[PDB]
> 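Structure of interest includes rebamipide; see the questions below.
Labels below follow one simple rule: chain letters A, B, ... track the order of the sequence lines, proteins then strands, and each chain is numbered from 1. Quick check of the header: X-ray crystallography, 2.5 Å. Just so you know, these numbers use all the heavy atoms, side chains as well, and skip hydrogens, waters and symmetry mates. All ligand and atom numbering here is 1-based and tracks the order in the structure.
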Amino acid sequence: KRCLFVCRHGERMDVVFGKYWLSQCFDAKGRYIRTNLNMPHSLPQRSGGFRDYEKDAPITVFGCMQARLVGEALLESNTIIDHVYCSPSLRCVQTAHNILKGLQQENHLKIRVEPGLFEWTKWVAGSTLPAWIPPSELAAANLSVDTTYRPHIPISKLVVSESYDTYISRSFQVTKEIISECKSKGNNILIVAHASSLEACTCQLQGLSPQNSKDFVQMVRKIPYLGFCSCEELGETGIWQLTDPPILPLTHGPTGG
Amino acid sequence: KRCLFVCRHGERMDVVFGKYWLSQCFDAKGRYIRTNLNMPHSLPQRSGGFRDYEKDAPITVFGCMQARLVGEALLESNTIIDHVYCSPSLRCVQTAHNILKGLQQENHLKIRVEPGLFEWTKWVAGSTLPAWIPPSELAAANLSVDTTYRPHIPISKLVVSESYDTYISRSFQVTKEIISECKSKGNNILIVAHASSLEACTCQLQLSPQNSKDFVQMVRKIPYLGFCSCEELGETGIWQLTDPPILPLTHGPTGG
Ligand SMILES: O=C(N[C@@H](Cc1cc(=O)[nH]c2ccccc12)C(=O)O)c1ccc(Cl)cc1
């Protein structure tokens, strides 16, 4: 077969509890005090204190469970994952790790943190990139990250508020580089990143021309949490095609009220 | 203090997947075939076939997690639940069970199924009540129900398309009958019912029950596993609302 799977990260803390979520779970002294059961028991310590979460928020408890279930669904369908890459966004690393937990592969597979899979940098606030936890420190928080992996696009080569074309171009360049270095090692590749990744990583893989920016944004906003798409290589053509994913979709509603 | 905990059931299968949800997860021959990871691995075989679900829908996978977490939160607060009662709706009994799982008390405790705790019957479709699974059949699905339990208001004594006055009374009466029999047994009692139940059961145990229009508004504002706490003001017999012993639970949808 040989497949490439691209899925979106889990439910975001800064979506459910809004842009001022740190207000609701950190006190004056900076102690994490959860005020909701959807908040995790504890948050990992960061190199810049809790304010590094403002532009790089973690997934919720239900975000972990979405990720666990997709992993459990891959195992149940005997869908073997040989390689896993993720965006350097904390929400993506956490999703990837929780998929490995559901996959029962926490202690075998080591996640390849690729900054080239970070979403369109136009969607970052201010004139500074997020303070992404380095692989070495993600590993030191139990998250099953490969600290050996050489990134195709380092953090230093990412542009602040890049053009649509810059984002689409690097998304394509990095996906071919990912595919190229996994030609030898294994069949199936899982990418855990953003809504934008599912289209930007696959669009030009099929030989097709990319969408215009406004069509792209509309496609991207219809992709749910842990939204999962699939690409099979057509023979040895080098072109890949989208296919019915190996697992069922995942749809739940809100808490309500 | 001596507490009464009233909480709504978990996420409904028939809300997420619509009114035609049996169309999506049952084929010609009545074989359950899930089409989404939020649908459970399997559904219990029902007395009168699969069509009995049409009016008594089960909670989703994420429905069970909502319940589990509420249960786990009760455990962590050092809150010992001494007696647990619930509506005869499958969603309510499934919620009740997953709270006991969350409490690590599936074996120790047994759920008291009370038809008197069922929601306002005006919200029933057709001219017939839902074909509820009897406490005997529920315990045969590994759901930790108390087959012993003598219901204060049995099914046969429930009126189809009842009035707002009849509901608040039967909700008030059953709550007192629940408080009465527990007096000695333990301290804290847990009701597991519907969005209506949280108001109807603790309104006049504290006040004049609100009008029908004001009620419906308050009900639709209560989330899945929404949780309120009442405590007896001494031995006076007048109970009052209090900041619950556990945090609330808020999550968004799948989206798109
Ligand atoms: O929903 C957010 N992000 C999106 C990407 C995204 C980001 C953006 O700025 N504008 C957009 C417009 C159209 C489409 C997508 C975007 C994602 O998760 O895929 C999001 C971002 C910040 C916070 Cl505090 C909370 C939530």
> Write down the macromolecule with more contacts to rebamipide (ligand 1) than any other chain, named per the PDB entry.
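Most contacts: Ubiquitin-associated and SH3 domain-containing protein B.
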> Counting non-hydrogen atoms only, which other chains lie under 4.0 Å from rebamipide (ligand 1)?
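Other chains with a heavy atom that close: A.
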> Mind figuring out which UniProt-annotated active-site residue of chain A lies closest to rebamipide (ligand 1)? I'd like the heavy-atom distance, to 1 Å.
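Closest UniProt active-site residue, heavy-atom distance to 1 Å: A:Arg8, 3 Å.
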> Show me which atoms of rebamipide (ligand 1) lie under 4.0 Å from any heavy atom of A:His9.
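Reading through rebamipide (ligand 1) atom by atom, the close ones are 18 (O).
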> Backbone, side chain, both or neither: what part of A:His194 comes under 4.0 angstrom of rebamipide (ligand 1), heavy atoms only?
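It is neither; nothing of A:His194 touches rebamipide (ligand 1).
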> With heavy atoms of A:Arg221 as the reference, note each atom of rebamipide (ligand 1) found under 4.0 Å away.
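Answer for rebamipide (ligand 1): 13 (C), 14 (C).
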> Name the organism the PDB gives as the source of chain A.
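Going by the entry: Homo sapiens.
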> Could you list the atoms of rebamipide (ligand 1) found under 4.0 angstrom from a heavy atom of A:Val15?
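Listed by number with element: 25 (C), 26 (C).
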> Going by the atom numbers of rebamipide (ligand 1), which of them fall below 4.0 Å from some non-hydrogen atom of A:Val217?
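With A:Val217 as reference, the close atoms of rebamipide (ligand 1) come out as 13 (C), 14 (C).
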> Which other-chain residues or nucleotides lie under 4.0 Å from rebamipide (ligand 1), by heavy-atom distance only?
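Counting heavy atoms, the site comprises A:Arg8, A:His9, A:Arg12, A:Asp14, A:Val15, A:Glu119, A:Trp123, A:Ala195, A:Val217, A:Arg221.
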